[PDB]
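Have a look at the structure below before the remarks.
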Amino acid sequence: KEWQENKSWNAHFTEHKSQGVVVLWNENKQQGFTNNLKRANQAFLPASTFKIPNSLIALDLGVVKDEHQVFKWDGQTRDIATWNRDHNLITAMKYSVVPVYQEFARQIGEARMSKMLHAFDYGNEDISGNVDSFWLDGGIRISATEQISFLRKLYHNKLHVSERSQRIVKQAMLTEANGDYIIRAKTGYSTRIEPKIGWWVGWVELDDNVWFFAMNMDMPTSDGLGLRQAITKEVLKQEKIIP
Amino acid sequence: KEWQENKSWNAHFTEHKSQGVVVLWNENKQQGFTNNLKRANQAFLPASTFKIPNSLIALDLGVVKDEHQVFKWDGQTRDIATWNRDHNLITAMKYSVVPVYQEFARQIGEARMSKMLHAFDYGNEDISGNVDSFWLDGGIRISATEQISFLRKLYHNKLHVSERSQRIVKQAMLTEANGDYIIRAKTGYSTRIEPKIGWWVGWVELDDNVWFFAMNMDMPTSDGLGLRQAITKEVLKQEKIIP
Amino acid sequence: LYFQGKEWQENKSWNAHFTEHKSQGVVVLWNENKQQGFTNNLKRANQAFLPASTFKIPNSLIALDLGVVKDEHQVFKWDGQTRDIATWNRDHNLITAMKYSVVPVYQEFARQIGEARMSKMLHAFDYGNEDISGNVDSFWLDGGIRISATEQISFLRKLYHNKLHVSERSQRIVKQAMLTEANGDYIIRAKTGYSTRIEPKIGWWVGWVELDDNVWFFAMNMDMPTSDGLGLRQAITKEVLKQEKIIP
Amino acid sequence: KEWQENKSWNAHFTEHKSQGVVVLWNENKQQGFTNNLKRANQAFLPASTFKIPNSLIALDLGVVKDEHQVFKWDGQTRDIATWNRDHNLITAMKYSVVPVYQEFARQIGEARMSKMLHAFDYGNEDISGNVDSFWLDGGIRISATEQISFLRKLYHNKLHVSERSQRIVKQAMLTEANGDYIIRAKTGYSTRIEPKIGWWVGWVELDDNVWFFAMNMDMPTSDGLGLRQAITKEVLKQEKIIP
Ligand SMILES: C[C@@H](O)[C@@H](C(=O)O)[C@H]1CC(SCCNC=N)=C(C(=O)O)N1
Ligand SMILES: C[C@@H](O)[C@@H](C(=O)O)[C@H]1CC(SCCNC=N)=C(C(=O)O)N1
Ligand SMILES: C[C@@H](O)[C@@H](C(=O)O)[C@H]1CC(SCCNC=N)=C(C(=O)O)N1
Ligand SMILES: [Br-]
Ligand SMILES: [Br-]
Ligand SMILES: [Br-]
Ligand SMILES: [Br-]
Ligand SMILES: [Br-]
Ligand SMILES: [Br-]
Ligand SMILES: [Br-]
Ligand SMILES: [Br-]
């Protein structure tokens, strides 16, 4: 059975007075698991999870030369302190530095952005709105199952952009590594249109398998942001994917 | 003297654990009063105070036919419940309905928007960024002192746009009226660049004088938004402008 | 509750608001969206009285349309004659003249308009019985002109919709000058009147309540033997508006 | 000052009843630090640290097609349980799977192995001994300072192999990652020729700097192997490189 619902994971959302969805994909078995098949297939603004395709396109087009190229702060103080400095691709993805990616999107332009998202089969492929803000308050929407389909292509270097572009973005996605697992992932927090949601999408590399994941959860305030990773890890532990 | 600093108004900011400026202009005496000349001249994003020039331009170019024309809710559920309904110019200005004004700005377009703000001598006249979001996160900046200069021209029908455009916007600015005074004004809340500030700009019509006002204050959360009107009214009452 | 399709529905319960103040009169309401009227007294709702200072609305419109008044800033110099109402004994503009019901300013407008244009304009406006018989500068106080509360509403609806046979500008300036009350829940544009020259002495308040998604037109009059009860015009109207859930 | 001696670091060695050297290189400042200048320049058998150059050569010559290619266990039960199974480049590096790298070395051959170590300026460049064991019991010798020189070239993609080969080996070196730092490194344990020593070589990636490191310590028994990483992290902590 390709897709199975496991409502026992709702206890992790309940425990934290939260509502949301975790989707897992066992790459070896080609099987999916979620607490909520309906919500797994509901589309939301990608917010900063869009930094994964945006990075790939920026690299492929040479808007980003490499992961060391410096993107100057515009000197506007914003409310995430780590944003108010020069960045490279690694630090811009680590700290979700929106203004750096807004500059990439302007240099990419609407025609190339649209073509690339169609070829990626990325969400509804709709860039309507401002080319520098559409993933925040424009027409683009993606479901957790659609995030998994896209991430599997990236994992296997199967996107049409260069192998090099794909390797550099996976390096930039690096979030955690230890003796048991590697996590490559991207957070997002969509606030400009309801419902306000938190994302975490990516994969867990084990010695002998890869588990893809995409989660979103209701996030009425920034107070709950750490629950994005905390709830995913509680599900990964329950399923014995990580110790 | 054209400008005088009255630091006693700081008592009103301090009582509300707040920081900001109130600027008053006595039209009859051509004299200004502020608690803080320095902050009175600091330029900030106008945010929803931009709905005053945006309304004028939209009416002058016929983007808005009249104050009854209905602008249909686009069906995207947003944060402010009153935005999720149809609006005319009157209700759109009352509830600060951004999406309505974003549509006005797109129809106006960057060339006419830029030229109109130059004719108005409006703040730094800089519309850099997205034509539909520059007053939220683009290049435009205006100080409390510069808001007064603009509002005086609107009050006297001295802006280059039609008298009709000016009359309809002043109708739309109506905020409060009783047997003692009329307030025409517009709130704003700038959150996308630091420092987050609240605005209230407009004027008090008396039988035999007009007092222009422009106030802004630090607004780290939405909890303090009522302080924009409350602190301004404390100053107006101290100065015997209103009971 | 009320019935659909009905033109005018009587609600005698509002008489309680008059009786409380040892008074009697009529409130008429018109729901613009629903095209339905309500009154405590179907007979008095339709009784035609001298308009007295409510005439300042059409008088204002005609004076502006003909250029007798240039704009709402033009100063009308006090003629030097000390009258009973202190607020009349000073310079006025259209805004302050309408707020303080400054009869002498409007008498001067009426003489400049003159009988032929005043008559033509009231016919174009379908205003009350359209009769200006009497002194060109006092007919709305002691001449032949008569208007009911329902006819005040008819006229006011045309003004609200800029449908009177004068410039849009004239209509916008007069609606500005009618501004009486505003807050985050409602706006009232209205004009008071006090007919004292011909019995029975009555008080008026006519205008409308602007809501986000509707307009409620109103016209009230009440017996007013002395100026002591003039504040009851607004007070009783607000009791009715509160009862009908039009204002909180 | 090219190299500074900091003997206060010896406290990390004595607290662990151990003797050895840590060498750090601050890439931004082009300055080195060590607890023992003379041992920093002492050349030892590289043992499994040789897996870094061997991986690069194997990739560039196509012995390894990519990091997914499976290297079938030869069926020989060996002392380290994790070696008794199939491996790819990632797991062969993680578990230091000598037999996989011995097969790489036979496929590379003496002539190409020699030319590549000359091209890399690697240690004494001397491969004399068994083509499949010279890094364990042959003539090759490298100091901690020479490990850092070699690693700086790999970090900057300056070795005379392709950018792709360098990017794949740096992926395979991934050891630890969190919100504070990333460590790419390789352990070694030289037991075949006295003196028995342990290695750890690699670097710490920070947001704004890279700290290269090479440590070796006396290792009479396998009981102290965890001290390779533990003593290095005690130094990084003392220098405020990691929290
Ligand atoms: C809020 C929005 O800018 C968000 C996004 O684009 O998804 C940024 C800010 C954040 S969380 C900071 C909280 N800010 C709330 N406005 C992240 C993240 O953690 O990935 N990305
Ligand atoms: C938030 C921003 O759009 C702001 C503006 O553009 O000035 C909106 C929201 C608000 S306050 C509503 C509560 N805050 C939500 N951001 C107002 C205002 O009062 O003028 N306008
Ligand atoms: C009395 C008459 O002039 C009257 C009118 O024209 O309607 C004036 C006086 C007044 S109230 C003054 C009370 N004394 C009246 N004699 C008003 C009003 O309330 O609109 N207007
Ligand atoms: Br392409
Ligand atoms: Br590559
Ligand atoms: Br990596
Ligand atoms: Br056009
Ligand atoms: Br001016
Ligand atoms: Br007009
Ligand atoms: Br008005
Ligand atoms: Br080892």
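Within every chain, numbering begins at 1; the chains are lettered A, B, ... in the order of the sequence lines, protein sequences first and strands thereafter. Both ligands and their constituent atoms are indexed starting at 1 by order of listing.
- The molecule at ligand 1 is the drug named imipenem (hydrolyzed form).
- The chain in largest contact with imipenem (hydrolyzed form, ligand 1) bears the name, in UniProt, of Beta-lactamase OXA-48.
- The letters of other chains with a heavy atom under 4.0 Å from imipenem (hydrolyzed form, ligand 1) are A.
- With a heavy-atom cut-off of 4.0 Å, imipenem (hydrolyzed form, ligand 1) reaches these UniProt beta-lactam-binding residues of chain A: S48(A), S96(A), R228(A).
- The shell of residues lying under 4.0 angstrom from imipenem (hydrolyzed form, ligand 1), judged by heavy atoms, includes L136(A).
- In terms of protein heavy-atom proximity, atom 3 (O) of imipenem (hydrolyzed form, ligand 1) is closest to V98(A) CG2, 3.8 Å.
- With atom 1 (C) of imipenem (hydrolyzed form, ligand 1) as the reference point, the heavy atom nearest to it among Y189(A), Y95(A), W200(A) is part of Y189(A).
- Close N/O approach between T187(A) and imipenem (hydrolyzed form, ligand 1) is found [any backbone or side-chain N/O within under 3.5 Å].
- Less than 4.0 angstrom separates some heavy atom of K186(A) from each of these atoms of imipenem (hydrolyzed form, ligand 1): 20 (O).
- When non-hydrogen atoms are compared, imipenem (hydrolyzed form, ligand 1) lies under 4.0 Å from neither the backbone nor the side chain of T49(A).
- Measured on heavy atoms with a 4.0 Å cut-off, the binding site of imipenem (hydrolyzed form, ligand 1) is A47(A), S48(A), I80(A), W83(A), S96(A), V98(A), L136(A), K186(A), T187(A), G188(A), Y189(A), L225(A), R228(A).
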